[PDB]
Q: 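I came across a structure with nirmatrelvir (bound form) and want to understand it better.
Chain labels are A, B, C, ... in exactly the order the sequence lines appear. To match the PDB entry, the residue numbers of chain A are left as they are there, and the shown ones run 3-300. All residue numbers given for chain B refer to the PDB entry; the residues shown span 4-298 in order. All heavy atoms count here, side chains included; hydrogens, waters and symmetry mates do not. In listed order, ligands and their atoms are each counted from 1.
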Amino acid sequence: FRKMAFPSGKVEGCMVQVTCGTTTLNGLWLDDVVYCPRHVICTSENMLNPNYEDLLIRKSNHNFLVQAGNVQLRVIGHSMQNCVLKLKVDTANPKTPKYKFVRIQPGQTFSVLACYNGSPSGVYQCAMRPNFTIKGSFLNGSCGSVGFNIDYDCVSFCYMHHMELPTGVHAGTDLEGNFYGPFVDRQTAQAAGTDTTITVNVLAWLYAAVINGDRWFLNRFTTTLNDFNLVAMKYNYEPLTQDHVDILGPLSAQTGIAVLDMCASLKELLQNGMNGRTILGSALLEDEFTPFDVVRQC
Amino acid sequence: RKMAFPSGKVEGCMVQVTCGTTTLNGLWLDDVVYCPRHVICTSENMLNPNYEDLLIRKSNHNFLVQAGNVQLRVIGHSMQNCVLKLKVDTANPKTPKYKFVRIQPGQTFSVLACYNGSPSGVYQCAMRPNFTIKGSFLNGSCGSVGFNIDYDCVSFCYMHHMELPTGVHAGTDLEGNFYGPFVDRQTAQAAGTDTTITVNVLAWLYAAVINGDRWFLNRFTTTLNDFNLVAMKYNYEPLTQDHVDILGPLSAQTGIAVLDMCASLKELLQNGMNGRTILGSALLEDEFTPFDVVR
Ligand SMILES: CC(C)(C)[C@H](NC(=O)C(F)(F)F)C(=O)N1C[C@H]2[C@@H]([C@H]1C(=O)N[C@H](C=N)C[C@@H]1CCNC1=O)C2(C)C
Ligand SMILES: CC(C)(C)[C@H](NC(=O)C(F)(F)F)C(=O)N1C[C@H]2[C@@H]([C@H]1C(=O)N[C@H](C=N)C[C@@H]1CCNC1=O)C2(C)C
C-alpha cells in the first residue's frame, strides 16, 4: 500500500515562470490568464509589511515578464483577486485541461507538482493538516506551485503555494486567493498552531490494512463516539463526527468491521501501542490517506 | 519528501494491448509498442507457457493496440527475452527523448501505475536488494513502467510483470531481462530475504545534518568491518568501499567522516529514535540515494 500522487501531465503543461522586477516564481496558465501569488509584486525591501493595493496600481503590464518554456508571453492586463495575481496574456494555453477551482477541508489529500523557474520538478501526495498547513517539500523559488486532484480528466486545483513557516511546514491559498489557515502574505512572525492527527484517515488506513493482510489489531470490542472522543483528545486526535462515520460506511460494509469497532481497535492501539507488531509495515499510524483514497487504490 | 518525477512525458506513451482475452499496458515509443510477453498467454498457459510456440501461432491482427480512442495498426512483431515488441503503423508523436537503462539494487525510480492503458497514479520506488519492488499493482497493472528523468530525457528502467506471494513485485528492464531470479511463469517462486539499503540510510543521515539536525551523532567512530559485522545483525546490506567513496562528497560537505556517520547509524540501530524524527520520519529511510540527496 503506497502513497500515490495523481499523474501530473495535465498540470505540467500549465506551468510558467513569472518575473516582476527581481522576483521570480511560478504561475499557472489556463486559457489566456496566468495565476500566481500576489507577493511577486513585492520588492524584497517591502516583504515586511507591503501595501498590495498601492504596489499594483503603480505596476503596468510591462513590469511583468511571463515565460512559457522557450516562449515569452505578452501581458495585456493585470488584476488581483484576494492573494493571487491574475495576468491576462497574449495567448490562450493550447494545453489547458478541463479544470475547476475548488477549496478543500482539513484532512483532505491532493497532489503537489513542485516547480522551480516555471519548470516542474517533482510530484508528491499531501494532506491539508487540521491546522491548515501542508507538510510539503518546497525550496526557494517554489512559490506558485499548485496542488490538485483529478476526477475523470477534470483537474480540480485546490492549492497554490505561498510561504514556509518556522517549523518547516507550508502555507498557501486556494486558486481564488483565499488563505488556508490564519496566515498573511508578508514576512512577519507567524507560526503553525499545534497540529493534530486526522482520525477519520487513520481509521480509513486501518480498513486498508484489513483489506490487505493485517488483522491482528482487530478485537471483540466496540466503543461509543463519546467514549472514543475522550480518548481522542488525550492523544491529540481530531474528534470524530457522525459525518466521519457515515463516509467510512463503505469500508465498514465491505470489511464487516463497524466504525465504533475499529475505534475500539484504534483506542486500544493508542494506549497500549503496537507491542512489536506492525501495520502495513509501518510503526506509526498513517493519517494522510482519506477514505476515498483507500477505496480508489484498493 | 520522497518525490516522483513528473509523469507527463510517460503518460503520452501508455497504450492498451489486447490479445484474445488478455489485456495489459504497453509502452509506445517511435513506431514500437513494448509490453510483457505473457499478453499472449491464456488461462491454461500460465503454469508452463511455451512462448516460442505461442508466438509462432499469432499474426499481426491478433494484437489489438489502442492509444486512447485510436486503434494502432500492428504491422510486425517479435520477442526479445520476456518483452514483446509490436511494430506499429505510426510513430508516437509524443515520443520523448528517451533511453533504456538497467539499474542496480538500491537505485530509485518513479512508477506510473496504469490500467487498460490509462495512467492511474505515480509513486517513487527503490529496487530492493532482493531484486523486487515494494509497489502498488492491481489486476491489470502489467506493462506499467518505471523511469527516471534527467535533463528532459526519460530513462526507462523497469516494466512490471508479476506479483510475488509476499505482496512485492518483479519485472524486467526494457530489453525484457528480469531483475532477480524470477521468470514470467506461474510457479512457486519467492523473493529472497530483504535487507535495508545501508548506503541510502547513510546518505539520508547526511541529508539530515545538512538540514541542521545533529542529535543522532556521537563521538565514536568504527572500522568498516566492525560496522558491517553489527549492521548485518539488523539485516542491513554490507557497506562496500565503493559505497564509502560514493558518500565522499557528502562527508566533505558536512565535515563528518563516513565511518563517523556509520558509528552514528550503529547507535541509532541500537537505541531507536526515542520518540524523535530525523527528517520527517520515525523510520530510517532507505529509498533516497546519494545522488538523490545532492539533488
Ligand atoms: C521562509 C521565509 C522566512 C522566507 C518566509 N516565511 C515567513 O514569512 C513565515 F514565517 F511567515 F511563514 C516565506 O516563506 N516567505 C517570505 C515572503 C514570501 C515567502 C517566500 O519566500 N516564499 C517562497 C516563494 N518562492 C517559498 C519559501 C522559500 C523557502 N521555502 C518556501 O516555501 C512572503 C510570505 C511574502
Ligand atoms: C499474483 C499471481 C499469483 C497471479 C502471479 N504470481 C506468480 O505467479 C508468482 F507468485 F510466481 F509471482 C502473477 O503475478 N502472475 C501470473 C501470470 C502473470 C502474472 C500476472 O498476473 N501479472 C499481472 C499483470 N497484469 C500483475 C499482478 C496481478 C496481481 N498483482 C500483480 O502485480 C504470470 C506470472 C505470467
Q: For nirmatrelvir (bound form, ligand 2), which chain wins on contact count (greatest number of heavy-atom pairs under 4.5 Å), named per the PDB entry?
A: Replicase polyprotein 1a
Q: Can you give me the letters of other chains with a heavy atom under 4.0 Å from nirmatrelvir (bound form, ligand 2)?
A: B
Q: What does the PDB entry report as the organism for chain B?
A: Severe acute respiratory syndrome coronavirus 2
Q: I want to confirm something. Looking only at heavy atoms, which of B:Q192, B:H41, B:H172, B:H163 is nearest to atom 33 (C) of nirmatrelvir (bound form, ligand 2)?
A: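 That would be B:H41.
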Q: Which nirmatrelvir (bound form, ligand 2) atoms are under 4.0 Å away from a heavy-atom of B:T190?
A: 11 (F)
Q: Considering distance alone, does some N or O of B:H164 sit under 3.5 Å from an N or O of nirmatrelvir (bound form, ligand 2)?
A: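 In this structure, B:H164 places an N or O atom under 3.5 Å from an N or O of nirmatrelvir (bound form, ligand 2).
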Q: Which UniProt active-site position in chain B is nearest to nirmatrelvir (bound form, ligand 2), and what heavy-atom distance, to 1 Å, separates the two?
A: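 Answer (UniProt active site, heavy atoms, 1 Å): B:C145, 2 Å.
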Q: Nirmatrelvir (bound form, ligand 2) and B:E166, any nitrogen or oxygen pair closer than 3.5 angstrom?
A: yes
Q: Nirmatrelvir (bound form, ligand 2) versus B:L167, non-hydrogen atoms closer than 4.0 Å: side chain, backbone, both, neither?
A: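 Near nirmatrelvir (bound form, ligand 2), B:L167 shows its backbone as well as its side chain.
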Q: Test your reading of the structure: does B:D187 have an N or O sitting under 3.5 Å from an N or O of nirmatrelvir (bound form, ligand 2)?
A: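 The answer is no, given that B:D187 and nirmatrelvir (bound form, ligand 2) share no N or O pair closer than 3.5 Å.
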Q: Quick one: most residues of chain B near nirmatrelvir (bound form, ligand 2) sit in which UniProt domain?
A: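 Most residues touching nirmatrelvir (bound form, ligand 2) lie in the UniProt domain Peptidase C30.
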Q: Output yes when the distance from some N or O of nirmatrelvir (bound form, ligand 2) to some N or O of B:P168 is under 3.5 Å, and no in every other case.
A: no
Q: Taking a cut-off of 4.0 Å, which other ligands or ions approach nirmatrelvir (bound form, ligand 2)?
A: none
Q: Distance under 4.0 Å to a non-hydrogen atom of B:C145: what atoms of nirmatrelvir (bound form, ligand 2) satisfy this?
A: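 What qualifies from nirmatrelvir (bound form, ligand 2) is 22 (N), 23 (C), 24 (C), 25 (N), 26 (C).
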Q: I'm curious which residues sit within 4.0 Å of nirmatrelvir (bound form, ligand 2), going by heavy atoms - can you tell me?
A: B:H41, B:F140, B:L141, B:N142, B:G143, B:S144, B:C145, B:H163, B:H164, B:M165, B:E166, B:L167, B:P168, B:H172, B:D187, B:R188, B:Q189, B:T190, B:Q192
